[PDB]
**Student:** 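Here is a structure with 4-phenylbutyrate.
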Amino acid sequence: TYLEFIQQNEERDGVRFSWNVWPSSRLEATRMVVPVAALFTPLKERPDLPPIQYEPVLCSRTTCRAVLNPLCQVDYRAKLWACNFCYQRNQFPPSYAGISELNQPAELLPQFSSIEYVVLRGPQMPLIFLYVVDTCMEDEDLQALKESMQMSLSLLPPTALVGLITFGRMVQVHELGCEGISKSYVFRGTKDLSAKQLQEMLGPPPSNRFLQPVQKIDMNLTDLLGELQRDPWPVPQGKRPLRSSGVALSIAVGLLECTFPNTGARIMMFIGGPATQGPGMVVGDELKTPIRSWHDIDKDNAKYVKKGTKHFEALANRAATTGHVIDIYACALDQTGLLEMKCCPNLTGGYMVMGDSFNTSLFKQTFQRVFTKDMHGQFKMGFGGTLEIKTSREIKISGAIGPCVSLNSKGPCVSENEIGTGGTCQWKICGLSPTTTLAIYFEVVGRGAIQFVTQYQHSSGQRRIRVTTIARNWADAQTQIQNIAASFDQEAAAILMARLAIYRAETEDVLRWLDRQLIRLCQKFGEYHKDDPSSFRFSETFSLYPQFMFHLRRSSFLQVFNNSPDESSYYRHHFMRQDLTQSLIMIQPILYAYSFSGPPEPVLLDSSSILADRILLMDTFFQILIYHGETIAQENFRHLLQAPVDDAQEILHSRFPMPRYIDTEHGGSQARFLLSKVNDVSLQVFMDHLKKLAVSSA
Amino acid sequence: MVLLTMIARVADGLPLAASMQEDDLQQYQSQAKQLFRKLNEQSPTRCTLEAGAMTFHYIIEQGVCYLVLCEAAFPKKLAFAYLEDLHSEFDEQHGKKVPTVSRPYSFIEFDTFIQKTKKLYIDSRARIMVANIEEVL
Amino acid sequence: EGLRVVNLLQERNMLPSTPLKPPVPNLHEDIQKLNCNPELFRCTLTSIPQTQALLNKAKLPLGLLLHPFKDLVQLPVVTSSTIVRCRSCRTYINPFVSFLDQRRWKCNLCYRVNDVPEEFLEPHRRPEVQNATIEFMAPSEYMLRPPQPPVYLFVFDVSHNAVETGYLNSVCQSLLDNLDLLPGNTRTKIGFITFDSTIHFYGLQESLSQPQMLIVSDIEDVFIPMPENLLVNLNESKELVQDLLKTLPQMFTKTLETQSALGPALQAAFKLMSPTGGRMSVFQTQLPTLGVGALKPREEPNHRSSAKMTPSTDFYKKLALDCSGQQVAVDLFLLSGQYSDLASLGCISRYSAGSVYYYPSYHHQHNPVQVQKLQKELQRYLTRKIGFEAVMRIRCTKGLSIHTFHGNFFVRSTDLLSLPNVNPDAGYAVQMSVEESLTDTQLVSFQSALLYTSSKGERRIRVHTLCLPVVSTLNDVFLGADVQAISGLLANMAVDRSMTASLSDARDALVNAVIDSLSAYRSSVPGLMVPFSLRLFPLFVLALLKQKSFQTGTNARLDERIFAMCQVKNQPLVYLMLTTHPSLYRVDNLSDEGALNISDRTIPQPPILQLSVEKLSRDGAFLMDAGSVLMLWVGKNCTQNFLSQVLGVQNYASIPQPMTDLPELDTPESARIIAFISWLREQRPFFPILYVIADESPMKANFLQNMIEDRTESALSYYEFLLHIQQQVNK
Ligand SMILES: O=C(O)CCCc1ccccc1
Ligand SMILES: [Zn+2]
Ligand SMILES: [Zn+2]
């Protein structure tokens with residue numbers, strides 16, 4: 001079963017390809033409608049794989065140097081193996097001398113495709129956390145922010161280093177624990193600083209005066225955080241507070257850059273409002289003028305966007321080059337400036353959390369998921385990931401889309417046509433979790449092979465190497481397109497195609513390219529008589545691709561208006577990171593129905609599903625909503641009224657960005673969220689127009 | 001939305017208490033003393049004056065004038081509430097000694113309450129007549 | 001008394017045994033009894049020369065020396081609702097006006113008749129005409145702004161060398177002991193700044209567990225890091241500043257900061273005080289080397305280098321003028337063990353009406369004398385009265401014109417002086433000339449008037465008025481000469497001559513002053529013949545030439561000579577004379593011819609001895625009153641009764657090496673010498689420490705450096721100096 005095949009390969013190898021059978025000819029590779037791509041999850045969890053505590057074997061060939069995998073052809077008699085990528089034949093290392101047939105190494109077994117090694121590079125560096133704190137917000141927001149930061153300090157490892165930077169009009173770098181005096185270094189939030197300047201002005205396991213071990217400092221930090229008071233500078237009438245977000249971030253970047261470069265470090269920035277002074281300024285300090293909107297940027301009425309975006313974009317590359325992670329936690333009623341700061345958590349593996357106030361269950365709980373631990377009391381996060389992909393000589397890599405930065409490594413696996421962050425065989429992911437998913441786009445220039453090698457720093461400090469080796473059948477020449485049409489992953493393709501459209505919109509029509517491929521895929525793999533729209537059918541392999549495209553082209557990922565720019569950049573941020581299942585939920589929210597007549601059942605995203613005597617539960621990945629029809633909007637009636645509330649709580653915990661919960665009913669203002677995701681104007685109309693063009697000229 | 005605050009005895013214009021911080025003061029201080037000289041027992045008890053980008057606000061109680069200057073953009077609603085807080089505190093503490101003193105600024109130590117009250121109005125987070133001043137002068 | 005002529009070569013013992021008294025102006029009996037106290041106001045020539053030609057013939061400098069803010073025993077305070085001031089020259093109504101119409105008075109400085117307002121009441125009995133010294137209550141128009149509150153900002157250097165000197169401990173201790181004794185009411189504000197290679201502010205909020213040290217490292221671009229709690233209210237935040245003073249000495253014990261950015265630190269402290277003004281105390285211990293205002297090292301001279309002073313930069317001069325414009329005065333405390341270019345650093349206090357304090361080679365353990373000296377000088381500095389945002393103007397009768405000012409201030413327009421602060425220990429001098437012949441009048445008057453803000457927030461005016469007669473005879477000008485006042489005015493002139501030309505020209509102008517005056521006297525009359533008023537003129541000028549300010553062949557260092565000149569420019573006449581020509585008494589045999597009158601105490605009055613080793617004796621002990629100190633020299637063959645009953649020792653060998661003070665033993669000999677010592681330090685508000693360390697072999701015999709009549713290897717003796725003068729007088 002092809003579905004059993006897709007399921008078991010994602011559970012084992014954390015990957016889902018657009019095609020599981022690849023064009024064996026040049027004549028079909030060029031004519032691929034949906035590019036050969038893969039939804040690769042480098043750190044996916046699974047049923048407790050054995051950590052291989054020995055260094056992986058490698059191929060003895062300067063260029064190739066792939067990892068010993070089940071595809072390799074072994075010879076237990078001569079103690080030799082032949083690399084599957086370059087046919088080079090290797091000798092077994094001395095630790096493999098007692099190799100035997102009835103007891104062979106772990107990597108070789110087809111079950112241990114996708115396996116992790118633990119290597120020792122000497123002393124493991126301590127983890128580094130750098131709190132960057134805004135002080136320009138209300139007291140109830142600042143007091144809640146302080147409690148959350150004190151709670152995160154109780155979870156950090158005793159080995160880890162911590163640093164505190166608060167700001168407002170000025171920027172304060174705190175020198176931790178200097179006993180009875182409490183000092184800090186004051187910098188103007190009006191002019192930027194480079195790392196070398198910041199190094200001169202400021203000055204067994206290592207630690208600075210500004211970055212000290214948790215076990216030795218946690219009591220002074222938990223007190224300083226408890227005494228943090230709002231920015232002492234007054235805010236006159238009709239004015240915004242002077243907030244130097246752009247310089248505070250750059251000082252946090254330059255501090256770690258000159259102290260601990262090239263090591264796992266997390267810059268956690270907390271924002272209560274937009275940057276109002278300095279490089280990276282997002283809006284002026286006059287309350288008369290509002291923060292820019294999508295309408296304002298389209299009519300060239302937003303003089304801070306490009307200059308501010310460029311500032312944080314250079315900061316993003318500075319930190320991503322050094323190998324440091326930039327988190328952004330923004331909670332305010334107005335906009336924050338996420339559009340100008342989006343590149344910092346996008347290029348690195350940084351998080352992006354957005355809410356109305358730090359004094360809510362929404363932010364408080366979301367902030368403590370960041371420090372969730374596994375079956376060993378260790379954070380589910382990795383640092384400084386290096387992703388390298390080995391391909392067969394027939395495959396080339398166009399590029400990647402997702403949280404990564406190009407290491408600009410050249411090799412025969414690089415393709416001329418580059419996509420996203422392309423032109424490289426190696427990418428750096430400064431931060432990753434068991435959820436991070438990159439979209440890798442391949443190109444063909446019989447059993448192909450792709451090997452993913454991910455080196456990262458673990459929460460324990462251990463250096464680990466994740467090696468996943470997949471293999472997909474080459475198409476048979478006498479059955480080329482028929483097998484290709486059978487190995488189609490309609491879900492994986494819809495998101496991989498969505499990845500391309502969104503990346504082009506965020507780096508600017510996009511719907512036109514999205515339709516010309518929808519029509520092309522309908523003509524090559526659909527069934528129809530020419531000039532007869534009613535004859536068009538699709539295989540069960542393809543039937544859902546049109547509907548996924550309908551919702552994608554109408555979603556808030558591409559129709560940015562009726563949303564704020566920060567909301568748009570926040571939606572795109574999480575969609576470029578999630579695996580397949582969650583990404584489907586975003587584009588096409590799931591909808592359950594609750595009534596006396598039957599247990600909960602999923603129903604269509606159509607206006608016909610909104611019944612008066614029924615309770616709905618829509619799962620947008622960003623919000624969980626419960627709807628009560630006009631009838632139910634009033635023990636048996638209780639089982640119904642709390643059946644969605646019960647099912648909500650479960651998923652209301654797993655998901656990292658805790659979805660905003662909503663309880664509304666017919667006539668309520670919050671029912672608008674259901675009516676906008678529900679229901680060209682209609683599918684029916686969208687499908688008909690698609691069929692008229694599908695049976696028409698190609 | 002700034003500062004200049006003076007308290008003076010209406011009769012002779014004798015200064016009683018003031019408060020000024022710069023980091024000009026020289027011009028609007030004269031105008032403030034010109035007004036204290038013109039004010040008599042027929043002057044309006046509550047008035048507001050316009051001086052271009054600046055605006056004076058004063059009240060008069062028990063022969064004592066409470067003058068404040070600020071940028072015109074400062075709320076005139078808040079300017080009089082600031083003077084009222086000063087009057088009730090000043091009259092309660094020194095209202096019966098005013099018609100007896102003769103030294104200038106015999107209540108400099110009222111500097112303290114002026115500035116701690118002044119900050120409760122020049123911070124949005126903390127939460128009648130009109131005539132051009134060039135006329136009365 | 002005496003109109004008699006004196007031969008300086010035959011007397012050679014002309015110095016009197018009792019202290020010198022200022023001359024009495026040859027005035028009418030009723031006028032002189034109202035004249036100004038000579039301690040506060042005096043003139044080099046009590047008989048003013050009628051014409052400039054006569055003044056030039058005398059070859060003597062005409063000028064005034066004043067101590068206007070001196071602590072008084074009794075001060076009349078006029079609270080008049082109106083200040084009567086002459087309608088022309090704005091001269092205050094003084095005791096030396098000429099009441100004619102009984103409702104009209106003639107101004108004694110510009111001769112205009114003024115109308116006595118009907119607020120002046122028997123108009124000649126009003127206190128403004130019965131006191132030459134009097135303090136007014138300034139009206140509403142005598143202040144540019146509401147009276148500023150007392151602001152004190154202390155600036156400490158905390159470099160590596162500074163931490164080694166240990167000065168920070170005792171300074172923070174003195175502030176803790178005298179926190180309630182600082183002049184000011186409930187408006188007093190207090191602040192603190194430390195610095196090394198960076199500026200360290202200190203916030204003080206009652207809501208925080210401890211103060212906060214805000215460091216600004218942008219040396220080329222200083223700013224204020226916080227708007228509220230840097231200068232805090234002392235009354236409300238007494239507890240907060242006491243902890244910081246107890247914690248400051250402990251914050252830098254392990255410092256490696258070898259450099260000091262004094263320039264930017266002073267710019268930081270200025271911006272903090274610019275809104276209100278006040279007094280800024282700066283404690284520096286080494287050469288400034290980092291940032292703007294840095295100074296280059298100089299190599300110290302030796303006894304061999306000739307007379308070949310000025311600032312090496314104008315940064316501190318400019319910065320002082322900026323502080324002066326914001327009513328900020330800077331006081332410099334230099335506790336340096338090496339060269340620090342005080343000739344440049346001193347400009348921060350000369351042009352802001354401050355004063356510099358010098359503690360050479362200060363060390364908490366090694367130098368116990370400088371430790372106790374700083375303690376007693378900080379006691380005075382922290383508890384003496386003070387005036388804020390002050391100005392002073394010196395008026396003088398038409399015909400007499402002031403042309404040069406001496407002292408720590410900033411002269412704005414002519415005959416005006418900006419005093420960001422005014423302290424009761426500052427001295428000032430003025431040089432004048434006869435611009436118009438005084439044929440008209442026979443009396444001229446001088447009036448100084450000090451407008452200032454008190455520590456209690458009250459604008460006041462202190463006014464002194466001096467009246468003198470006019471003469472037209474060369475001999476009459478000589479009869480009224482004040483030798484001490486002439487010596488003091490020449491010292492201020494000689495310091496300016498050094499900065500303007502060289503030390504050689506300064507020494508020559510001093511020598512030429514004695515020659516040209518005594519040769520002009522001789523040309524109007526064998527030996528060296530001088531009038532009675534000038535019998536101590538060459539002695540005091542010789543002592544001026546051996547003082548550390550103008551001495552040459554001595555091994556003295558650079559900052560010593562500069563500080564010696566900063567005291568000449570800023571000290572009252574009395575302490576200049578006490579420093580230049582210290583009073584030497586023999587104290588091992590006191591007895592009763594003393595001024596007992598004081599109730600239960602007897603207080604011996606031993607005779608003043610002249611400054612020569614020929615007057616000492618190995619059989620006894622001698623005390624020297626240098627004004628600021630009281631060195632007690634003990635002879636080697638000293639008597640046994642003085643050892644056990646006064647010193648508390650059994651022999652000369654066991655006199656402890658550094659002896660910080662005498663013991664108070666139960667002996668009549670101790671009671672006598674303690675009474676004579678305490679009487680000396682009661683004549684002054686600056687407690688002088690007394691160290692008996694001056695043994696016959698302590699390597700601290702600078703007691704002998706004050707024996708200004710003996711010859712040394714690089715200076716003449718008093719007899720040689722007389723011999724040199726006579727050769728030039730009748731050349
Ligand atoms: O211009 C003036 O002289 C009056 C202001 C300065 C001053 C005041 C009092 C005394 C002397 C001088
Ligand atoms: Zn190989
Ligand atoms: Zn006059």
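First the proteins, then the strands, lettered A, B, ... as listed; each starts at 1. We count ligands from 1, going down the list as the structure has it; atoms in each ligand are counted the same way. All heavy atoms count here, side chains included; hydrogens, waters and symmetry mates do not.
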**Student:** Which ligands or chains in the shown structure match 4-phenylbutyrate?
**Tutor:**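 The relevant parts are ligand 1.
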**Student:** Hey, which other chains get a heavy atom under 4.0 Å from 4-phenylbutyrate (ligand 1)?
**Tutor:**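 Other chains with a heavy atom that close: C.
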**Student:** Measuring from 4-phenylbutyrate (ligand 1), which other ligands or ions can be reached in less than 4.0 Å?
**Tutor:**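 Found: none.
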**Student:** Name the residues that contact 4-phenylbutyrate (ligand 1) at heavy-atom distances below 4.0 Å.
**Tutor:**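 The heavy-atom cut-off picks out C:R85, C:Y92, C:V391, C:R393, C:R395, C:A449, C:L451, C:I461.
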